[PDB]
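Here, paroxetine is shown bound to Sodium-dependent serotonin transporter.
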Amino acid sequence: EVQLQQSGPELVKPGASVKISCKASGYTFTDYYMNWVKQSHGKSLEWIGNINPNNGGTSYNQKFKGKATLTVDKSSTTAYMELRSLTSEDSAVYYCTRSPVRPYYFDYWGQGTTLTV
Amino acid sequence: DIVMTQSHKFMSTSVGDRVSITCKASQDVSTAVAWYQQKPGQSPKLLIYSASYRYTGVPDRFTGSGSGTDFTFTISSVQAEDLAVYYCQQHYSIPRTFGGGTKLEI
Amino acid sequence: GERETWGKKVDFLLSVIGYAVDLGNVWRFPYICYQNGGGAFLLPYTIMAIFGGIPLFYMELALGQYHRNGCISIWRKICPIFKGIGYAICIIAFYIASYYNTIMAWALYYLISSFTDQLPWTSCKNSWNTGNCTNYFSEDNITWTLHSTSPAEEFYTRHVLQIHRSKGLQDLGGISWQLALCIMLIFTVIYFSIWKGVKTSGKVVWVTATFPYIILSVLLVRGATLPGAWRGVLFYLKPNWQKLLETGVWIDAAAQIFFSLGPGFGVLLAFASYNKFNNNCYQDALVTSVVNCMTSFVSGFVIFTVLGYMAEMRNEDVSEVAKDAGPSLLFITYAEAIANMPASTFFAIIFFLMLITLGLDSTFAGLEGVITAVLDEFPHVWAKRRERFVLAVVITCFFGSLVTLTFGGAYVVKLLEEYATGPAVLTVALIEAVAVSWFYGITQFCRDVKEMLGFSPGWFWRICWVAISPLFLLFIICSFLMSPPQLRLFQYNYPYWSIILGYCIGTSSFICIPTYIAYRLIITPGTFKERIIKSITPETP
Ligand SMILES: CCCCCCCCCCCCO[C@@H]1O[C@H](CO)[C@@H](O[C@H]2O[C@H](CO)[C@@H](O)[C@H](O)[C@H]2O)[C@H](O)[C@H]1O
Ligand SMILES: Fc1ccc([C@@H]2CCNC[C@H]2COc2ccc3c(c2)OCO3)cc1
Ligand SMILES: *[C@@H]1O[C@H](CO)[C@@H](O)[C@H](O)[C@H]1NC(C)=O
Ligand SMILES: *[C@@H]1O[C@H](CO)[C@@H](O)[C@H](O)[C@H]1NC(C)=O
Ligand SMILES: [Cl-]
């Protein structure tokens with residue numbers, strides 16, 4: 001009843017920079033977080049960052065210092081994640097997730113952008 | 001970080017028995033352990049948060065148990081629509097970390 | 001001749017202890033210690049205390065005991081070109097008595113509001129609460145929206161402080177009468193307790209400086225029994241040795257020890273002024289610093305056992321609930337923790353009494369320092385009626401703190417806490433240690449201490465007075481002036497005019513030193529060498 005839409009598959013040149021958009025719709029967008037998770041090919045999940053649409057706050061993973069920047073534009077309720085300096089080692093599916101503040105359960109997940117290097 | 005492991009990725013009993021996979025935690029997490037159900041190709045849906053409360057809109061068969069260090073996912077008599085992998089996420093501290101997972105064959 | 005002595009030698013020790021211990025050892029030390037590696041913070045803390053704190057403390061105490069003068073009259077015996085130190089200290093003490101005397105007013109409001117079997121900040125069906133009043137967890141079924149807030153946080157930001165009536169620092173809105181009455185009562189208490197002097201001060205310090213320890217012990221005993229209390233102690237003591245590689249831990253340790261011991265402020269000079277000549281100030285300063293550090297440690301245990309209880313009742317990671325640094329850690333987090341413990345009324349009463357008694361003696365000492373300084377500076381117009389000039393300074397400090405009692409008071413008190421004290425006090429203490437250890441001569445000081453105590457201080461003290469502590473304070477100053485902090489409070493940033501006003505306030509006291517050495521041009525005219533040789537050398541004893 002409440003699904004998060006994302007982009008589709010694309011080809012990224014190794015070394016360039018790309019973005020992944022997450023258009024949320026169904027509930028009050030300015031009321032919960034917007035978390036990104038990186039699922040490697042046939043491996044475990046991994047939490048990348050955190051976005052607070054109220055004040056543009058951020059809380060990213062320690063192993064993602066200069067790997068992904070997180071921005072938010074609450075005009076059309078979208079979430080941007082720019083992937084800079086991408087090589088053939090982390091190009092995999094990217095999910096957009098929402099989660100309330102500190103029960104921290106991932107409530108809804110995106111469709112799955114199979115980002116291929 | 002707070003690493004979270006699971007059992008072997010193959011051992012899973014067939015229909016009729018009790019398929020109960022475990023989740024060993026590195027540090028002491030009181031009850032902040034969630035479970036997910038990612039079918040092949042689809043996106044992971046939330047099943048159980050805080051290891052004892054199931055999310056709204058899930059069947060009554062999916063039950064979670066355990067606290068402190070040993071967390072058990074109790075899904076007994078799996079139907080023909082539960083073949084997936086189940087991850088073990090904790091709500092202790094940032095960054096949050098998931099687990100390896102296990103398939104339920106057959 | 002005219003100076004007075006302490007009624008008992010224990011009165012001086014208790015007064016210096018009560019000056020050294022304050023809320024900065026209750027809510028400022030545990031947060032800094034946990035953030036900067038946890039248990040591994042005790043090593044840089046101890047190093048910066050041995051090298052930076054204790055030497056300055058002991059030097060200041062010995063100087064104030066020998067010269068027997070305040071922060072203004074002593075500089076006629078060391079370097080009359082640094083006489084503006086007293087006026088700068090007066091300005092800084094005015095700013096501090098303006099801002100710091102509001103935390104105690106908030107504590108007094110909480111105390112007079114806690115007199116009920118059911119505390120106000122444990123419910124949500126009140127007249128000050130909006131729809132975001134989500135009670136404490138007590139369960140994990142109820143979710144938490146990003147706009148949801150705890151009942152105690154809403155009671156603190158909408159009833160005791162009333163921050164929702166002010167749209168920020170741009171407009172304070174209006175002054176409240178409740179906080180005004182509480183701060184008036186506390187200023188009246190301070191005045192009726194500091195009027196006569198050290199002889200009356202040391203008699204109230206017996207209760208004001210010893211009561212916090214009984215309450216701290218009671219809270220420790222209560223916290224060590226709560227379920228899940230071991231998590232807080234573990235997270236507070238589990239070291240993170242990877243943090244010690246960053247300079248931020250050492251900078252924070254230096255700042256914390258300098259603001260916990262508080263040297264170079266004229267309070268220690270004034271307290272040692274009323275002391276005996278042959279008093280062993282060495283043992284006094286040593287035991288005072290040790291008591292201050294042990295009190296910081298005990299209070300860290302007390303706070304973190306209760307935060308561990310909260311992280312067990314609520315979700316874990318005390319680091320998450322202890323997200324903010326300030327009075328909110330005591331008025332929001334610990335308030336919830338008290339309201340959720342059995343027999344909450346008595347614990348809230350004693351906790352707020354502990355806060356009030358921790359602030360009271362600190363304000364006592366901070367005002368007595370300036371009083372003694374200006375009295376020993378102007379004995380012809382004052383010091384004949386000491387009952388006066390104390391009411392005047394209390395009224396001035398009350399009129400200056402009235403601006404903090406407004407609805408937008410948290411912003412103003414944080415602006416005065418983050419700009420008026422740190423760099424100004426650091427520069428004042430640095431230039432004071434330079435004037436005492438270099439211009440006054442470390443040989444004239446070591447022979448002096450040898451004459452008073454009966455033994456010259458060791459070479460370690462000369463090293464810590466000549467090169468270690470000056471470079472220490474210079475390092476703290478260079479670290480603070482290099483990274484201007486963008487402070488925020490309750491999801492509200494500070495504009496650029498706020499930073500400009502804070503820079504003007506922080507320099508509104510240090511600027512009093514150069515203007516004195518400049519305006520002295522009329523007093524002692526002549527060649528430049530004449531002034532350089534007549535302003536460094538002290539007057540004839
Ligand atoms: C030399 C003459 C100086 C004249 C006055 C100059 C004043 C300049 C404006 C104020 C300067 C910044 O003021 C000072 O900023 C530092 C960080 O920079 C703040 O410091 C804050 O962050 C640091 C980490 O960086 C912590 O270690 C510290 O405990 C915390 O308070 C101080 O709380 C504030 O007092
Ligand atoms: F810049 C700083 C100087 C001294 C400190 C002190 C260090 C020791 N522990 C208590 C701290 C508060 O001292 C006070 C309290 C009330 C006052 C005051 C000083 O002057 C008039 O009214 C902190 C900061
Ligand atoms: C809390 O959630 C559990 C999870 O299924 C449910 O069984 C229980 O009835 C809930 N209690 C409430 C809503 O009071
Ligand atoms: C919580 O506050 C926000 C803005 O501060 C407001 O929009 C929202 O309606 C509030 N929640 C409720 C339940 O009223
Ligand atoms: Cl301390």
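Letters A, B, ... mirror the listed sequences (proteins, then strands); counts begin at 1. Counting convention: from 1, in listed order, for ligands and their atoms alike. Atom set for the values below is all heavy atoms of this structure, side chains included, hydrogens, waters and symmetry mates excluded. Method on record in the header is electron microscopy, 3.3 Å.
- Counting all copies, paroxetine can be found at ligand 2.
- Lab note - other chains with heavy atoms under 4.0 Å from paroxetine: C.
- Between paroxetine and the membrane-spanning segments of chain C, as UniProt orders them from the N terminus, heavy atoms come under 4.0 Å only for 1, 3, 6, 8, 10.
- According to UniProt's serotonin-binding annotation of chain C, the residues with a heavy atom under 4.0 Å from paroxetine are as follows: C:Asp22, C:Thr363.
- Under a heavy-atom cut-off of 4.0 Å from paroxetine, the UniProt Na(+)-binding residues of chain C that qualify: C:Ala20, C:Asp22, C:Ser260, C:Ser362.
- By chain and number, the binding site of paroxetine at a non-hydrogen cut-off of 4.0 Å is C:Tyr19, C:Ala20, C:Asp22, C:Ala93, C:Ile96, C:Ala97, C:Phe259, C:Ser260, C:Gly262, C:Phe265, C:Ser362, C:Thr363, C:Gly366, C:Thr421, C:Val425.
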